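To start, the structure under review is shown below, and the notes come after it.
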Amino acid sequence: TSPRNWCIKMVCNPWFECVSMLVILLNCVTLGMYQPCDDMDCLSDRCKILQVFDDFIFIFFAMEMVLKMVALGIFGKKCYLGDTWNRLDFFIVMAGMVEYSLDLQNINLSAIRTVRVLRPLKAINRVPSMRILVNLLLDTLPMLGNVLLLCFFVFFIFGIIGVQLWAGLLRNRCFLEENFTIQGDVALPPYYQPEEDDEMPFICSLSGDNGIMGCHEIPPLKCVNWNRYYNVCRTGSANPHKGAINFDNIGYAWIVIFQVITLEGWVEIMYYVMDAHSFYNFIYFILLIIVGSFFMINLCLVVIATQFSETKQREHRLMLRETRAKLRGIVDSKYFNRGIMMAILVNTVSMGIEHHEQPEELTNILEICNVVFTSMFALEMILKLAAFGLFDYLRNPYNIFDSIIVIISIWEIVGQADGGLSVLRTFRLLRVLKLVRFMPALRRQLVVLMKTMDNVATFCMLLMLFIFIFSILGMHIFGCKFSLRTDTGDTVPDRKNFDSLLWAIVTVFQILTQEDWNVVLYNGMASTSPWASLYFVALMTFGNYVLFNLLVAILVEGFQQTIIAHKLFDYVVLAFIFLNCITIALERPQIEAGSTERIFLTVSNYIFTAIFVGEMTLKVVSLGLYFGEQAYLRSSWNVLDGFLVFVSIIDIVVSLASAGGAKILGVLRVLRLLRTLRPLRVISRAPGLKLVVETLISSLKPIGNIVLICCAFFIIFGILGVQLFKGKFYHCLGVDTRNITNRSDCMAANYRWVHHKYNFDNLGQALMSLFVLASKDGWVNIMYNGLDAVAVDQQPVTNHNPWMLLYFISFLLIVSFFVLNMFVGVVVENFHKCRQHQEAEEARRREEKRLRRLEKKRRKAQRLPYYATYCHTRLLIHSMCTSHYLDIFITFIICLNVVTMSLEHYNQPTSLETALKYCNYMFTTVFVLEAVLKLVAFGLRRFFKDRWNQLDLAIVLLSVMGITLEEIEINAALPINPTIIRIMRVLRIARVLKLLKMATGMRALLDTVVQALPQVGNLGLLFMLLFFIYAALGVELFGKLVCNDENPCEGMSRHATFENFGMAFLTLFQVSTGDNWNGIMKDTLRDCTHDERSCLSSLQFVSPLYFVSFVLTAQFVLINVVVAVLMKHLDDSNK
Ligand SMILES: COCC(=O)O[C@]1(CCN(C)CCCc2nc3ccccc3[nH]2)CCc2cc(F)ccc2[C@H]1C(C)C
Ligand SMILES: CC(C)CCC[C@@H](C)[C@H]1CC[C@H]2[C@@H]3CC=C4C[C@@H](OC(=O)CCC(=O)O)CC[C@]4(C)[C@H]3CC[C@]12C
Ligand SMILES: CC(C)CCC[C@@H](C)[C@H]1CC[C@H]2[C@@H]3CC=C4C[C@@H](OC(=O)CCC(=O)O)CC[C@]4(C)[C@H]3CC[C@]12C
Ligand SMILES: CC(C)CCC[C@@H](C)[C@H]1CC[C@H]2[C@@H]3CC=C4C[C@@H](OC(=O)CCC(=O)O)CC[C@]4(C)[C@H]3CC[C@]12C
Ligand SMILES: *[C@@H]1O[C@H](CO)[C@@H](O)[C@H](O)[C@H]1NC(C)=O
Ligand SMILES: *[C@@H]1O[C@H](CO)[C@@H](O)[C@H](O)[C@H]1NC(C)=O
Ligand SMILES: [Ca+2]
């Protein structure tokens, strides 16, 4: 109408959207300047000006909203309520109106001020790339309901098991005597705490419940040991971690399950529950790891990638001066180019040599050499300007890079007074980047990366918006509420606080990396309410689990003589290899010389080497060493066999030469390492495993260039780290650790001049520290020591130079991007290799899938035995009792049973047990009723062929077995072990499984996993092989590393040490999960108190190689498992 047409001009004007983004950015700025640390009641100017600004902006929001309704209409598909974001904007408008009205009513209620945060979420709808990407995200969201329901499973079963096993157990500390005698001046707390403020509790084991810590393992205090008086332990006190990690209710159980899903603090609660209840709960935790934290979030990745592919194809289907010439020849020679490549390489090498405590001559050598190289660069660029011409020289901008580099270099050389030696030296490092100019394959790799990041930029902006929203929200809820209590007289703010926006964003980023996030989780749950964990759960999910998988989807779719018998000798030698593995599994360094097992170990080694050399001789005389083609060593696996048998022989020889064992100890070490490497021939002796290893190796070459690029970035950033931090990673550790600046003051206090294990003195330790930093673990501490770093030889101060945060965050983003590129490259390469197959052979099954259709034509109607049932008093049973109208009733019964098991908790009222037992009796009754209805509905045939009625009968039979049990204890008929009752109660949970009948998506997804079982099972066998090999290496390398009070352990607490072989397996498993593994390195590399040669040996040269290789190989194997599952899912999706 005409009144509508009056306002059309402005609303359709793009200037209106631009100024709306202007006011959105103003809103982001206004939300930025909030200071919950200082903004008490807004009795300051800036608070008032921000109130004025956001009042004006709210006025603008109201006017623009009302105009755009009155110019577009209301309540219609075309009207204002057409897009979701318009409805959201109306929601902001109404919420702000309500909050303003309440403010006029003089009620603060800072819970509607928790809506101020949601305002920057308005930006998506008016940014086109963002709007499209977010629309695709939302449209592919509804197809994650299946992974959400399976997540409901993995939480619910494990949570019920947890709440029924360890209900309130975690509480029990070791108390004093009930009637204790003390003369006076009672400084003894009621129970025992090793650390102050219950930092590391000492959860006992109740009498009768066989834990491990039974109050007689307490550390003897070091007169008299008062601690021995902490005798009896009961279950009344606060729970571990300031009452945040316990199995009291089901909410806390779900929090614990969430914590172990994200792989942080895992070992701590693992050891807690071991201490409390039983030694055999690592079974529960390992099954939970394997099921949830690996086969689920990776299934979430698979679902995101696949469904994003289909929804993208969907909308796709919707729209569907004579010397000048002479001097040229010297340039384009490809030989002087090689010379200047050697020059640049040696420049990078020299420029990397510099380390801490430089020899005085050496730094002069480096500066002279830098002058020489700069003169050389000046030489060839003064050459190129004339021989080619100015326009020709600028025709390639790489020459412009070179000119800029030399100009900066010469300015630095001129800068011998001040200034230049601070930053221009740091900018010298770009000369390394000159390599891309002449290494050609990287040009293709870099341009591919650029074409990919053409899509990433919008997602990167989306990440900034998302992090901003949650940082502001956390600021609103947690601002000034992390006041960590004093330790020297004043309330020290925790470094992981929310008191200011810079720390808010860096802390949200920390949380997103799943690194020491449980610390702030507890520190937030201890302040407001146990509901504050919903914030971290929401952030973790809507970050890592639905958005970063969206990134991967974006990338992948952007890419888109003597007689011989050989019957079962392989089988028998494989068995012998298994026995060899068994005997490798016992060399833990406690066997005293001359032991019976020692002798058995040695003789077994002798015999097994004899058998291996015998089969060596057999298979060579069948072939011949090198005698023509198709000889022995034409296959690498046979080559490996020969290598390992030869090194075993020389091991035996040197062992027999034990006389005069001086100066051959290093030989003994290397031979022990190699015989630990020995159990690998299974790949040769196993066809499927061999094919798998070939797939691993062949799949690595395509991402070889990406690996080289990542190594180059590691090197360059290591040189950055050396340039910035040289010897600033020193801190005076002491009881005071205050009011002192330099090492002289520290030695005056005589505390210690501690030098960190992760530091940038040379380039090598810089590379190790960068590998840890890029590993998303222990990176917070490195970042802290970076920010706090001040200068060469004095105390770091809290947040001395915050700008290093930019370096430390840029490194994570770049390395994460390169690892993501590696993953997507593996996926696409495997896809192309796969793509040939379904082109090749799947053409042959499409001949038979319609044959199966012809098979179903036989199935039309074989006079099914429905006619037998009717008129036999079961005329309605066969039909009316088999309809969906009664199956949903069973589903509702099961939901009721679920909510009943969601109620048990510690100190539940008596009426609660009575009601729960009544509900269980009702539920088992109705289960028996439906079972009988089925039994009369059909005869014996469906009882077994259904493949479900057996499960139903098992469920009802366990239920009826259970109901008989408490009847025994009501009349005290017979003493029943409480363990039996506990087992019965905890396995009543199996009744949940019947939803799989109704949840067809669960069937589909789990089956899709199942058809990939061969490849992933072979990969799992390979993964166990890798664990075994690295376990043997660890046992022989780090066997003598003792853990005690004299040797403080940060990574290996009690069973994570390298003494025996089982503990080594556990600690390799812990390393493979990226939890405190950098702590394990910090422990293993340690200059000891000269008590053993292991600390003083060359361990520093080898242990980082050990852990780096293990982390890389384990992550690669898991990545390929994920790729196999994803590819099977795509194959099924095409079908
Ligand atoms: C190493 O870089 C990350 C990457 O590539 O993700 C992995 C697993 C990582 N993820 C399970 C959680 C993401 C952790 C994370 N959030 C961040 C936000 C900002 C900055 C850094 C961040 N770090 C790496 C290796 C791997 C191994 C597997 F067995 C299965 C999947 C994967 C991928 C996968 C999810 C694509
Ligand atoms: C949709 C789900 C997945 C994420 C939704 C995020 C928020 C809407 C949720 C998650 C965390 C919840 C918060 C967790 C902690 C708190 C602090 C709590 O504050 C207090 O106890 C003190 C009250 C006062 O000071 O008067 C009030 C509930 C609240 C705001 C909760 C409100 C709703 C929040 C912000
Ligand atoms: C390539 C990325 C993915 C990881 C890099 C792994 C290695 C190339 C790095 C990580 C650990 C580094 C080592 C860590 C410790 C040292 C410090 C330094 O040893 C010393 O302490 C010298 C003084 C002495 O102990 O005698 C020599 C370099 C070296 C071996 C480093 C050499 C380079 C290493 C093996
Ligand atoms: C199937 C393989 C690839 C993975 C699973 C292997 C482990 C579950 C097995 C194999 C080797 C076994 C270990 C071999 C050595 C020991 C012997 C034993 O320690 C002793 O020698 C006794 C000490 C003494 O008597 O003084 C403790 C059990 C343990 C860790 C065994 C625990 C169970 C282990 C780790
Ligand atoms: C540390 O320095 C401060 C500086 O004022 C001083 O007050 C204090 O006495 C010194 N000693 C200790 C133990 O704090
Ligand atoms: C070390 O710190 C003390 C304490 O202020 C100061 O007096 C001294 O000059 C500093 N430098 C030294 C001792 O070289
Ligand atoms: Ca950690």
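We number chain A the way the PDB entry does; in order, the residues shown are 66-287, 316-413, 627-866, 1164-1738. Ligands are counted one by one from 1 in listed order, and the atoms in each one are counted from 1 as well.
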*What is the PDB name of the drug at ligand 1?*
mibefradil
*Main partner chain, mibefradil (ligand 1), name from UniProt*: Voltage-dependent T-type calcium channel subunit alpha-1I
_Any transmembrane segments of chain A with a heavy atom under 4.0 Å from mibefradil (ligand 1)? Use UniProt's count from the N terminus._
6, 12, 18, 24
_Quick one: what's the source organism for chain A in the PDB entry?_
Homo sapiens
